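Presented below is an entry in which one can find CC-90011.
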Amino acid sequence: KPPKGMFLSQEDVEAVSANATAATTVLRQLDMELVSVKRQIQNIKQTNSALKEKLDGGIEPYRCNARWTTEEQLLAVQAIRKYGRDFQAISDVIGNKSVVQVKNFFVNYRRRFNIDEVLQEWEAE
Amino acid sequence: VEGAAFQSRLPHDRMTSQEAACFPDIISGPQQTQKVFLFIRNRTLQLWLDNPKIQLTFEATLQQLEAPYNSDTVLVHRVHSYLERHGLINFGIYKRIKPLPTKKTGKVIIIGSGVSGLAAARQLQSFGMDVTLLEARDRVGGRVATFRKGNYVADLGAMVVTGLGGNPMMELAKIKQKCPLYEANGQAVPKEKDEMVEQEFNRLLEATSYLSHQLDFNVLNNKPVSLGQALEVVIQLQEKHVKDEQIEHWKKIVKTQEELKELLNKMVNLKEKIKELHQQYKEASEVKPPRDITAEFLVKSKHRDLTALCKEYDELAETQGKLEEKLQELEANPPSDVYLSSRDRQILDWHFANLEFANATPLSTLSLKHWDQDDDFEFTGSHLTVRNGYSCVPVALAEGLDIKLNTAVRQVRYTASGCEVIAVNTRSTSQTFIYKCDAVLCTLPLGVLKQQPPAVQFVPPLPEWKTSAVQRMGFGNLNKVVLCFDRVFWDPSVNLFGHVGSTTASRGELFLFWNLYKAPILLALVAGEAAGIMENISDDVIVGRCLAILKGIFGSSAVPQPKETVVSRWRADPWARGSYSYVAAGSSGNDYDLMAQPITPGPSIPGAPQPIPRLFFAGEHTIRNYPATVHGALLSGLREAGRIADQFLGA
Ligand SMILES: Cc1cc2nc3c(=O)[nH]c(=O)nc-3n(C[C@H](O)[C@H](O)[C@H](O)COP(=O)(O)OP(=O)(O)OC[C@H]3O[C@@H](n4cnc5c(N)ncnc54)[C@H](O)[C@@H]3O)c2cc1C
Ligand SMILES: COc1ccc(-c2c(-c3ccc(C#N)c(F)c3)nc(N3CCC(N)CC3)n(C)c2=O)cc1F
């Protein structure tokens, strides 16, 4: 097999000899494919460099208890019509109820906060 | 005993095809007797070799064997005779003990007092045959040819003994195999580079061998493939794979910056979708705290939805940073720009000139498949030079012998009855000579056998099969400039040093300088396509380019005008018509074997018994395994002398 760091496919030999200039056809149409891909690189760098501008500033100017208030219960139900089953969201919104206490409430009331009826509403996204 | 078999190019432990045919007794017989044969052989050779300055008679051989060996003494004799016939013992120059056969048997005309000739002549004379050599030159030795003025001494043909390790061969000198190069301007080549390229050269060659054997790329367009063609193909394929790398890299840069793009998008369309939410939240947060639960929700909802999308964007913002250094790395790991520089491909061109030198032809011409068929048989040992001039050997071999100098053979006539050689005086063309003989040994160079309108007619003509081999195999060229000076201005620790030519087309031109000799002499080799062109370029111009080259390398004022100059023109020399044989594309080494098969004339009267062969060939161009050397000649000679004695004195 070829000495280390020489490259010789059955294929490539047939292909650089198949006529009397396949020789320097093949070398050039790579030379040319090379400049194409360098030009694509400059274009996609300019494009990218614009969006880094649009991102200038970042988003800098843009930032418990187990007794349920009635305030809290109503925040829950509403969170349900707008978060279905995302107990982490519902808990984030209610402010002061672990992700369990949500899941519990979610059953304890279930019947009399029409929670099934609420969730078939949330179906419709 | 067994490293005397090697010193005789024989296996110590097996009998050879030769031995088989002269001793079918022993080799078809029991393994025990073979060992006895092989001992007696190896020992007789050792004995000869231990003191080859004097004849080893059947007598002395028997005296210095022991044990159960001088038991069987027809065997010691049958062997000793076989060795002396095939020129393995009592060859070259030896003090005879039993002086020469009183009166001689058979008459041989040898054409050429080159080494192949002299070697055969001595053998044939030693076997009591009437030998006369016809030489066109005013000297012996042929392509062994030594210039000699004052204490100046320089070989214009053979100057090396490429090994003593089983070589049938006067003051030999090791070659300091350390060779500095010197680009066109005069600048040495950093050892850094010299090594890069020598390795690339070495790899490029193995590459052609692979390209030949494994990939079977030996034809292309009906025409067969030169080492040249293969090397270019390999070098192109290397250039191509430079670019194939260049691409796949600058391409895995784009793929990476179309991930940065796709993401810088998500990250812009979040800045926006987050601006909205933060408005919408400020707004809902106006409606102030004594508020109903549908608007405390609308505040809280937003506040959640907004620290969600703020995390999400920070998550996309470390991703931004990875993809951005990942890219800044690749932007500073460019793969190799080029396969080889220009200064590089120019030093490669010199490593190729060194190849064009040894093989004495353009690589355009060498068989890819077969240029190196002789390679398994290179001798062992230091490659040496002859300090005192190689001429010493032909001359030494010539004394004793009937050599007609200034005798150019014009026609060779061979018939069932015998042969006549028609020759003339080179100093008057007009004066004619007719040598009648039992057999003719032709040691005419392949150059001469090839002369397009013949220098020498064979009557009758050599058969198709012979002339076809002569046409097929290559006869190359390699010339020298002898530079004689008053003072040793080069580095005397250094045997040889290169000059790198500007172009490919000129890699041969005074590409390499040798310091070999007692006197202040430098040899300048012209190889490759150069060798051929420079022959048609005035002596003065050539010595010009030499001094130019030398002044650039050594300092424009350390380099005197030369006392004496010589310049070989071997292709133009009509007794040589070149330097030596090479296996051309579409030849093989089989041709070396055809070149050596002797010719047997048709019968004189029809329906008469099958003749005896008459026309025999030796010379450099007739020995498959040692072409293009002195030893190979020397052997071809000893060989023919055997084949002829086996016929005209019986086997
Ligand atoms: C420049 C050069 C460098 C070489 N370097 C080396 C080296 O370093 N080491 C090495 O081992 N080998 C070397 N060789 C090879 C070596 O010189 C030859 O292989 C060998 O000397 C030739 O042996 P030969 O007897 O076959 O040929 P030749 O010496 O050619 O003998 C043939 C003879 O025939 C004569 N002749 C030609 N036409 C006629 C005619 N019509 N009638 C009569 N006589 C005729 C010629 O003048 C010549 O004497 C070199 C060869 C050359 C040219
Ligand atoms: C260090 O310098 C050396 C340079 C060259 C060889 C060498 C030679 C050769 C050829 C021409 C000359 C001359 N002049 C020479 F001196 C040697 N000729 C041959 N050939 C042998 C095989 C044949 N096909 C062609 C000659 N080879 C292989 C060699 O290695 C050996 C060395 F030691």
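Letters go in sequence order (proteins before strands), and every chain restarts at 1. Whatever order the structure lists them in is the order used to number ligands and atoms, beginning at 1.
All instances of CC-90011 together account for ligand 2. Among all chains, the one with more heavy-atom contacts to CC-90011 than any other is, according to UniProt, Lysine-specific histone demethylase 1A. Other chains with any heavy atom closer than 4.0 Å to CC-90011: B. In this structure, the binding site of CC-90011 at 4.0 Å (heavy atoms) is formed by B:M159, B:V160, B:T162, B:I175, B:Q177, B:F357, B:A358, B:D374, B:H383, B:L478, B:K480, B:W514, B:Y580, B:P627, B:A628.
UniProt lists residues of chain B as binding FAD; of these, a heavy atom under 4.0 Å from CC-90011 occurs in B:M159, B:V160.
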